[PDB]
Amino acid sequence: XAXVXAXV
Amino acid sequence: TXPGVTXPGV
DNA sequence: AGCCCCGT
DNA sequence: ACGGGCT
Ligand SMILES: *C(=O)c1cnc2ccccc2n1
Ligand SMILES: *C(=O)c1cnc2ccccc2n1
């Protein structure tokens, strides 16, 4: 859920 | 980090 | 080389 | 079920 490096 | 020393994160 | 970490 | 960006 977070997007800091992937954003799922 | 930074830039420099992007982000984190972005 | 890195206050490098995060939830819906 | 998920790996990313510039000084
Ligand atoms: C998003 O909120 C979120 C939280 N935990 C995860 C674990 C593994 C893959 C993706 C995830 N996304
Ligand atoms: C993004 O690809 C990414 C990878 N590893 C992490 C570890 C801890 C927090 C956030 C992260 N983000």
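Here is the naming used below: chain letters follow the sequence lines, and residue numbers restart at 1 for every chain. Non-standard residue handling: map to parent or X, exclude extra atoms from contacts.
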Trainee: Which drug or candidate compound lies at chain A?
Mentor: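 That would be echinomycin.
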Trainee: Which of the drugs actinomycin D, ristocetin, triptorelin is observed at chain B?
Mentor: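 It is actinomycin D.
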Trainee: Would you mind telling me which other chains place a heavy atom less than 4.5 Å from echinomycin?
Mentor: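 Other chains with a heavy atom that close: B, C, D.
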